[PDB]
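Here, L-captopril is shown bound to Metallo-beta-lactamase IMP-1.
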Amino acid sequence: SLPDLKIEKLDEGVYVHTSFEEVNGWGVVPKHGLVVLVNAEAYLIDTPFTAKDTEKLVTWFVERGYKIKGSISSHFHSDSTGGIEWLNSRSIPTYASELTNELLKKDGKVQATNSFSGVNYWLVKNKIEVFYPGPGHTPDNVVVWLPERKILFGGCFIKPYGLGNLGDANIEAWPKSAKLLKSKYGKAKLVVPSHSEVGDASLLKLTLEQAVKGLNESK
Ligand SMILES: C[C@H](CS)C(=O)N1CCC[C@H]1C(=O)O
Ligand SMILES: [Zn+2]
Ligand SMILES: [Zn+2]
């Protein structure tokens, strides 16, 4: 029996959702996601692994009087995009980078309805920003920045302890992308990784260090 979906407040207008799956060859993997509230509207940062969890997550917010305005997926893997098919079926707007959509189509998965290309994208002006630091954990990975709180959702890019599965990784690119991310978001109050506990800006440094080590052990 896996743990039930968890929803907890991280900051004003910000909640973290945690979902769990048994992953072949990796054991039980926890996935952190965010829900960001603007007025009476709610935005999903990453979907839980499954439609069932995504439906539960949406319901929890709908019950509390919020309209689900949009969803954004950090990268193509199912821990970020699992709910897209369901969200699309409910006509709830879904967002991903053009690269992520290309990779999804490739993986035989349902694509986000809306896509953006380019480094910066403001899902909500002045409140939610998507940033692409370049290839790392995957070619398409992006981070989400909340300026009003200085909270960065690292997603699966942030890897303090180990890089994890390198199957889709760009090992050569990653240290450079990490350096770029650290320079841009060193100011961050909080960093929320996908697969590990919430932390301060130091997670950016650790990720860069891990990325360099991985490339080296790699040579
Ligand atoms: C469900 C995730 C996809 S990012 C996964 O398989 N793993 C494998 C180990 C932890 C985590 C990771 O690569 O970050
Ligand atoms: Zn991944
Ligand atoms: Zn992941």
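Since chain A takes its numbers from the PDB entry, the residues it shows come out as 21-239. The way this entry was determined, per its header, is X-ray crystallography, 2.0 Å. What you see below is based on every heavy atom in this structure, not just the backbone, and it leaves out hydrogens, waters and symmetry mates. Order of appearance sets the numbers: ligands from 1, and atoms from 1 within every ligand.
Within this structure, L-captopril can be identified as ligand 1. Scanning the protein heavy atoms around atom 9 (C) of L-captopril, the nearest turns out to be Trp46 CE3, 3.4 Å. Under the 4.0 Å distance rule, the nearest protein heavy atom to atom 5 (C) of L-captopril falls outside the cut-off. In the deposited model, no covalent bond links L-captopril to a chain. Near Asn185, the atoms of L-captopril lying under 4.0 angstrom from a non-hydrogen atom of the residue are 13 (O). Residues of chain A that UniProt gives as binding beta-lactam and that have a heavy atom less than 4.0 Å from L-captopril: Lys179, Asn185. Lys179 NZ, 3.4 Å is the protein heavy atom nearest to atom 12 (C) of L-captopril.
The entry gives the source of chain A as Serratia marcescens. Heavy-atom proximity to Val43, at under 4.0 Å, picks out these atoms of L-captopril: 6 (O). Residue contacts with L-captopril for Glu41 are absent, since no atom lies close enough (heavy atoms, distance under 4.0 Å). In this structure, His157 is part of the shell of residues with a heavy atom less than 4.0 angstrom from L-captopril. There are UniProt Zn(2+)-binding residues of chain A with a non-hydrogen atom under 4.0 Å from L-captopril, namely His95, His97, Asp99, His157, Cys176, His215. The binding site of L-captopril (heavy atoms under 4.0 Å) is made of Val43, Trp46, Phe69, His95, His97, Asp99, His157, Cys176, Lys179, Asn185, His215.
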May I have a table of the N/O to N/O pairs between L-captopril and the protein that fall below 3.5 Å, each row giving the two atom names and the distance to 0.1 Å?
from	atom 1	to	atom 2	distance (Å)
L-captopril	14 (O)	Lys179	NZ	2.3

